[PDB]
**Student:** 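This structure shows ertapenem (bound form) in complex with Beta-lactamase.
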Amino acid sequence: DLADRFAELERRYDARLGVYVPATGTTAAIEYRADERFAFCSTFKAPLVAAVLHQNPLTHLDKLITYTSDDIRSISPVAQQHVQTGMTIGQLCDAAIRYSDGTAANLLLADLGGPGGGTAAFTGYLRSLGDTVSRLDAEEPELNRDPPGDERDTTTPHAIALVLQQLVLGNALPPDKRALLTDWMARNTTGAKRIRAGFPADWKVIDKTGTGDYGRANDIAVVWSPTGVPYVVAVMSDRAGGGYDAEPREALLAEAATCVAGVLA
Ligand SMILES: *C(=O)[C@@H]([C@@H]1N=C(C(=O)O)[C@@H](S[C@@H]2CN[C@H](C(=O)Nc3cccc(C(=O)O)c3)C2)[C@@H]1C)[C@@H](C)O
């Protein structure tokens, strides 16, 4: 029983776990706590890059953005390296997805603009995709720090799965921008030990991870069977029982993804 397996994993990792896979032609929706709120953490960066792509001509990717010391306020593996020269919007989108760069996300929010340093416009973008659940309220690093149960900066496995489905599989973006987003996620470097670990090598996996305080570890992916049948997989978790400094546990997501892949194969 799948629900039983997911419950075994929650006890194993002292965690709360959320899973959603949207229904297809012959597969029923997979859902476990799928309508409970979980912190986005960095998973918001996938629809953020979509919002920025949507909002501008494609060649806005070639605009150079400059920033300095006081702009580096969170984990930023790429932005720290380029602070002296700047980064184009294209580089920022690339860093935000593939390295989960926090500074790149803040600069991309600022590019999108409007109230809340871009957070209101980001939330408005999800609303345009029919997501009436998710909300972004803060930028990096504060967006990962809301206490357990607090609705600020949250989504649900169900809501984010349907957003990602529209972005990658559906028509939310024109084909050229849709390919940009899909390729960045295909080239992600942070996800080898999460959804990717749960699916056999001959399944294609693209993803965007999230990690935060209270032992938060998320992964949202699109996967394709060896015959090109796609599925959207949203896995979210926290270990709030360990307090603010609880260790995020990727293995939980790998195991949950293995359970999902078992059902989809
Ligand atoms: C968003 O969830 C959060 C990001 N997202 C992360 C993720 O999805 O894994 C991590 S960043 C990822 C895991 N940690 C390493 C890291 O710290 N790399 C690194 C390497 C060299 C330099 C630097 C640096 O200068 O900062 C970092 C990569 C993270 C929790 C927030 C912050 O967006």
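Starting from 1, each residue takes its place in the sequence as its number. We count ligands from 1, going down the list as the structure has it; atoms in each ligand are counted the same way. Per deposition record, X-ray crystallography, 2.0 Å. Computation of the quantities below employed the complete heavy-atom set of this structure, encompassing side-chain atoms and omitting hydrogens, waters and symmetry-equivalent molecules.
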**Student:** In the protein, what heavy atom is nearest to atom 17 (O) of ertapenem (bound form, ligand 1), and what distance, to one decimal place, separates them?
**Tutor:**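 Residue, atom and distance for the closest contact: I75 CG2, 3.6 Å.
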**Student:** Which species does the entry list for chain A?
**Tutor:** Mycobacterium tuberculosis
**Student:** Please work out which of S42, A96, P141, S76 has its closest non-hydrogen atom nearest to atom 3 (C) of ertapenem (bound form, ligand 1).
**Tutor:**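 Nearest heavy atom to atom 3 (C) of ertapenem (bound form, ligand 1) lies in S42.
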**Student:** Starting from atom 7 (C) of ertapenem (bound form, ligand 1), what is the nearest protein heavy atom, named by residue and atom, and what distance separates them?
**Tutor:** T209 OG1, 3.3 Å
**Student:** Quick one: which ertapenem (bound form, ligand 1) atoms are inside 4.0 Å of a heavy atom on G210?
**Tutor:** 2 (O), 8 (O)
**Student:** Atom 20 (C) of ertapenem (bound form, ligand 1): which protein heavy atom is closest, and how many Å away?
**Tutor:** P77 CB, 3.9 Å
